[PDB]
Novice: 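Below: experimental structure, methotrexate bound to Bifunctional dihydrofolate reductase-thymidylate synthase.
One letter per chain, A onward, in the order of the sequence lines. Residues displayed in chain A correspond, in order, to the PDB entry positions 3-178, 193-521. Chain B residue numbers are taken from the PDB entry; in order, the displayed residues are 3-179, 193-521. For the numbers below, each heavy atom of this structure counts, side chains included, while hydrogens, waters and symmetry mates do not. For ligands, and for the atoms within them, numbers begin at 1 and follow the listed sequence.
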Amino acid sequence: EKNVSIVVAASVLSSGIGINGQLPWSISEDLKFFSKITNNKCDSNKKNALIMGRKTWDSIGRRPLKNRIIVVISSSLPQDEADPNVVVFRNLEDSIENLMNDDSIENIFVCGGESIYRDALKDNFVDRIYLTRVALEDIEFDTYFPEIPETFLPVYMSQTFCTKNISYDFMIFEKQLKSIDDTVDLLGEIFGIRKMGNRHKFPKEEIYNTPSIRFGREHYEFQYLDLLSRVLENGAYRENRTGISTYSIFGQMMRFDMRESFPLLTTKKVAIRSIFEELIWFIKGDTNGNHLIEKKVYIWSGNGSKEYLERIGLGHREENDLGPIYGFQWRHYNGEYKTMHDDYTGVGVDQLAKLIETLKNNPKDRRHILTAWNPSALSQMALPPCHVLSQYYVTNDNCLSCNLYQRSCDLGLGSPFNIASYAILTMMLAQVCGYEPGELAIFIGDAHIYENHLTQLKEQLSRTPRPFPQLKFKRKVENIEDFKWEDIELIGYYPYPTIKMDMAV
Amino acid sequence: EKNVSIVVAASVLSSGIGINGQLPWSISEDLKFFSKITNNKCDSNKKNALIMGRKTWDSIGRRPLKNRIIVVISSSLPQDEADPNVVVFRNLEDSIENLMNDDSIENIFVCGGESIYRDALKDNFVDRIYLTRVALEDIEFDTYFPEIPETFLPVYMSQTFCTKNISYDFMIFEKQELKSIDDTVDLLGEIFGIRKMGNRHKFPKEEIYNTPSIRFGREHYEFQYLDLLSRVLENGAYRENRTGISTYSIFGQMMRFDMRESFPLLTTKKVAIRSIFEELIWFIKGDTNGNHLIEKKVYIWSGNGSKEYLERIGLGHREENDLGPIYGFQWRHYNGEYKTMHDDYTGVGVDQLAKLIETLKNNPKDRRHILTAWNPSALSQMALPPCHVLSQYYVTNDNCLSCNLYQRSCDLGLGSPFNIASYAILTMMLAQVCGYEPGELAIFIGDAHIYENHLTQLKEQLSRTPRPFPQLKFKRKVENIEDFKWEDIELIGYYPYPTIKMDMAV
Ligand SMILES: NC(=O)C1=CN([C@@H]2O[C@H](COP(=O)(O)OP(=O)(O)OC[C@H]3O[C@@H](n4cnc5c(N)ncnc54)[C@H](OP(=O)(O)O)[C@@H]3O)[C@@H](O)[C@H]2O)C=CC1
Ligand SMILES: NC(=O)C1=CN([C@@H]2O[C@H](COP(=O)(O)OP(=O)(O)OC[C@H]3O[C@@H](n4cnc5c(N)ncnc54)[C@H](OP(=O)(O)O)[C@@H]3O)[C@@H](O)[C@H]2O)C=CC1
Ligand SMILES: CN(Cc1cnc2nc(N)nc(N)c2n1)c1ccc(C(=O)N[C@@H](CCC(=O)O)C(=O)O)cc1
Ligand SMILES: CN(Cc1cnc2nc(N)nc(N)c2n1)c1ccc(C(=O)N[C@@H](CCC(=O)O)C(=O)O)cc1
Ligand SMILES: NC(=O)c1ccc(C(=O)O)c(NC(=O)c2ccc(Cc3c[nH]c4nc(N)[nH]c(=O)c34)cc2)c1
Ligand SMILES: NC(=O)c1ccc(C(=O)O)c(NC(=O)c2ccc(Cc3c[nH]c4nc(N)[nH]c(=O)c34)cc2)c1
Ligand SMILES: O=c1[nH]c(=O)n([C@H]2C[C@H](O)[C@@H](COP(=O)(O)O)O2)cc1F
Ligand SMILES: O=c1[nH]c(=O)n([C@H]2C[C@H](O)[C@@H](COP(=O)(O)O)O2)cc1F
């Protein structure tokens, strides 16, 4: 009685694993993972057994795998005894004799074959599942990994990795002291909200995304879903300037890798083009909302209407003249603002240009900072800056990381946009300055969920995350303002359906 | 064979537990903790046994404790059989008969007596220790808890709690003698190098981890600082900076501290709290004259305000200690045209602090309570660009004031404890002026680094197990935030480890 694990690499949506007798992809790291997971053993005087079908045995050239024993399921292959590293059985059931006798076999791996997978899961021989989720779906398959039965639950989901612009994930499925916890519970019974742990309660299972993954929430999309869960658990019900009240907490953070993937949420289709258009609108220094409306981007329409402007005391302002906001403090900080039609070339401090110059002239400098919080101009703005401050860091291996402090975070609408936007901005700065993308950390003050999003976000929490996509630039620009939407290629983005959520004005 | 736990409340330094036959303090929550930990059982048809000495039995009025069975060790008390809730034994060894027979006893607690504690530890009967550390040392004791033997290791240390301005901690000591996920993660980290982000944030090795036996119970929020030190020592890249002293640096970290039940002043090192207050009130008043700090015997800004340093950074025209428009000039006169430190700036610039107070007490649920010091127009005029760059403030529904701080650059040896204590004091001042209670303090850090001439010192600091945080109280309620004086601050129950000298990088 020992352990049996399926090892498979399947596509993310349709679970395709093969085409015309070979693999539909070439990922070296996935083969290295197969090797290390099938060689992983405890007793040096024992070997592991790798069960595979006959066509799979043909796929690997009919040659043995070093240090392991291959078990081929075939009804026609001659039961040869010459090779002690390869043995043939007439059916999968008889081949499980590695359990009964043969104490020199430590662990068993079901290594390939749609038929082998299917009748190993149907016969309930499988204890564990090592699944490599590959983000390739618009290709041809003829062999599929069967659907994982409900008796299995996921216990691990790795970060997204990238090979040849292909995103992939690693997941584990499993078939399914107290004294410290008791003392903490007693202290939390004695002290009420006086104990800070009671103010940061762990989210209940009903609001926790994929709860069976307890210790292996490595995929960095969990940094967003778990913040959603924390707000749902501990969020105080509070009113704000809009008619829609929120559930709010104060002081949170999220980390995202940008070396091996692009942090665009997969549990919901995100409008990446509107994000890019808003970001390039910021970079060019523009505050004219009509330039966004003309490009079919309407995210600033609510905060730039005649009624809203007259209500907040800017009735003199033109229709979509948002005032000195993001991109006017970026390029013309402390500049005397008049209208959106005037020429501001030369006035104010160009934070972006000085930032680029310092990033490529003094990388280890600790002052790479871009701010939008200008107390002298807050009254002239249609909306004070939400993503308030950002800092940039050049690693010793020439990667560019970004920190963002955001004073107020609409988790339903604003947060995915902010994640993708500052990811794109860090990538642009890295290309312009000759670096690679690093990490993205977002520090949040008032993180809140609007009450008219509760149905939506909870729905989003029911969807198990998929591996992040990749984002590449088609050309190397000479100035950061020259980026165009056609220059951006989004590779391997297979999200869940769109979740409509109304904005609070 | 069942579990045996000592339960004791002792002072933080000398381990005093009694005086003149009674307790040297009155902490209700600690008695409630004793009750809940001695009543905690699994079988409803069983009871717990509480072993105590005879003088201890006199201290509690010689009356039984509800739902439990008291075991009194005495050589003269009559072995009465009338009370089934109290039983007497002639020695501690015979009283351990609860193990051999009496299956109605689930757990055993050694509940008091210096002699009982001492010969229960000497006889090696004790499995666990529940210790309440009380921060009271300048009083008289006649009864002490014996030294914890080396066979015990701490596994839990709670946050600091406050009762009647007295700080205390809860700790657990234990006597000592799935893997699939870990193996898969290790294999992925072998395949991918620094390509796997986990390998860029490696868990600190035991040799640089403060009190390593506390694995799952690092609740004391001083661990938020020591663990950041450890993370920098583990993953910090060796980097040069504008000073001659290189650092080990990482990017993107955070620390949380409670301010409702304690004051986050580090205990693993004696911190100059007076200099912190003086610098903070110097900021609040709008002052940029370093001589005003030097006159009060505070020399933290001398290095960045010398004639040589000013001439070196291009401010040779500037007077000796004229630091320029820095912290407290952007607070009170933001975007104001700076001349010298002697001129009158009353009215010029934006008074961020005043508007912050007005908005905090007029619109508490507003999401724009922000104080910034990063002014790109004035960076060149500053003797040093702002480190604690931006701060935001939040009013909870229960009328508490919490603070978030983004800090672009963090000297963990010198600057970080000062920043923690300083923004704690500032949040408390704002809370008193606006009529709230102190809440939480979160610090978000960009370049968190350790200067290489601090490595020995901080390592020394990492060898010291943290003590409970002290309390900080104000003696009077001021009418304006600028009226705070050093005499107005009372620091109660601060018993730190000795000072660790560390030189500043200019
Ligand atoms: N992405 C991944 O992880 C993997 C992908 N693949 C891909 O999948 C494809 C091959 O898999 P697949 O098409 O399913 O072929 P198989 O690997 O399952 O091999 C099938 C053969 O196994 C024997 N066999 C299967 N079931 C039985 C049974 N119940 N009794 C007796 N013999 C049996 C038969 O051999 P016989 O005809 O001699 O009787 C059968 O022809 C290839 O493209 C391969 O590259 C393969 C492995 C892993
Ligand atoms: N902070 C805390 O957690 C606690 C503090 N305390 C404090 O400590 C003080 C009292 O404790 P303490 O002074 O140590 O007195 P004790 O509680 O240890 O009681 C001592 C008595 O126990 C009996 N005894 C002890 N050892 C033996 C033995 N080997 N054989 C027979 N009898 C024995 C003797 O009783 P006899 O003379 O009858 O033979 C002895 O006089 C009080 O101030 C109390 O408030 C008490 C409990 C807990
Ligand atoms: C059966 N098969 C197809 C194949 C391809 N990718 C997979 N990926 C996964 N996650 N799981 C599988 N079962 C799997 N199977 C295989 C099996 C082994 C090798 C192989 O060459 N293995 C070498 C790998 C050498 C190296 O890259 O280090 C080894 O030593 O195990 C190739 C294809
Ligand atoms: C022996 N003793 C002194 C005393 C005081 N503080 C301590 N604190 C600790 N952590 N551990 C001790 N052994 C301890 N002992 C005691 C024991 C019980 C009670 C007592 O009144 N217990 C009630 C608690 C009453 C309450 O609700 O406050 C109970 O139900 O157990 C008081 C003093
Ligand atoms: N289903 C989806 O998740 C989804 C699909 C499509 C879009 C799309 O715009 O294409 C979308 N995003 C928005 O509507 C949207 C709107 C505005 C801002 C930024 C902002 C400016 N002022 C704001 N004031 C408040 N209260 N809150 C905000 O967020 C913003 C960011 C995003 C969401
Ligand atoms: N560690 C101890 O035990 C200890 C004991 C006593 C004192 C004391 O001054 O009494 C002390 N603090 C300082 O020396 C000190 C000095 C300066 C600043 C702020 C600052 C301004 N410019 C800085 N440039 C750099 N690189 N780094 C800084 O921190 C600062 C804060 C603190 C530490
Ligand atoms: O980039 C943005 N990110 C964001 O989260 N908001 C949300 C935050 C808040 O829910 C709302 C307005 O913030 P406040 O009402 O505090 O002024 O806009 C707006 C943006 F433009
Ligand atoms: O309040 C302060 N906090 C702080 O951490 N420093 C340290 C951070 C850094 O080690 C040094 C100079 O920062 P920088 O070289 O990035 O300008 O001052 C200075 C302060 F005044």
Novice: Where, by number or letter, can methotrexate be found in the structure?
Specialist: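 Look at ligands 3 and 4.
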Novice: Which other chains sit close to methotrexate (ligand 4), with any heavy atom less than 4.0 Å away?
Specialist: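 Other chains under 4.0 Å (heavy atoms): B.
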Novice: Quick one: what's the binding site of methotrexate (ligand 4) if I count heavy atoms under 4.0 Å?
Specialist: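 Using heavy atoms under 4.0 Å, it comprises B:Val9, B:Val10, B:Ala11, B:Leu25, B:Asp32, B:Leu33, B:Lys34, B:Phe36, B:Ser37, B:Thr58, B:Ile62, B:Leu67, B:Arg70, B:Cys113, B:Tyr119, B:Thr134.
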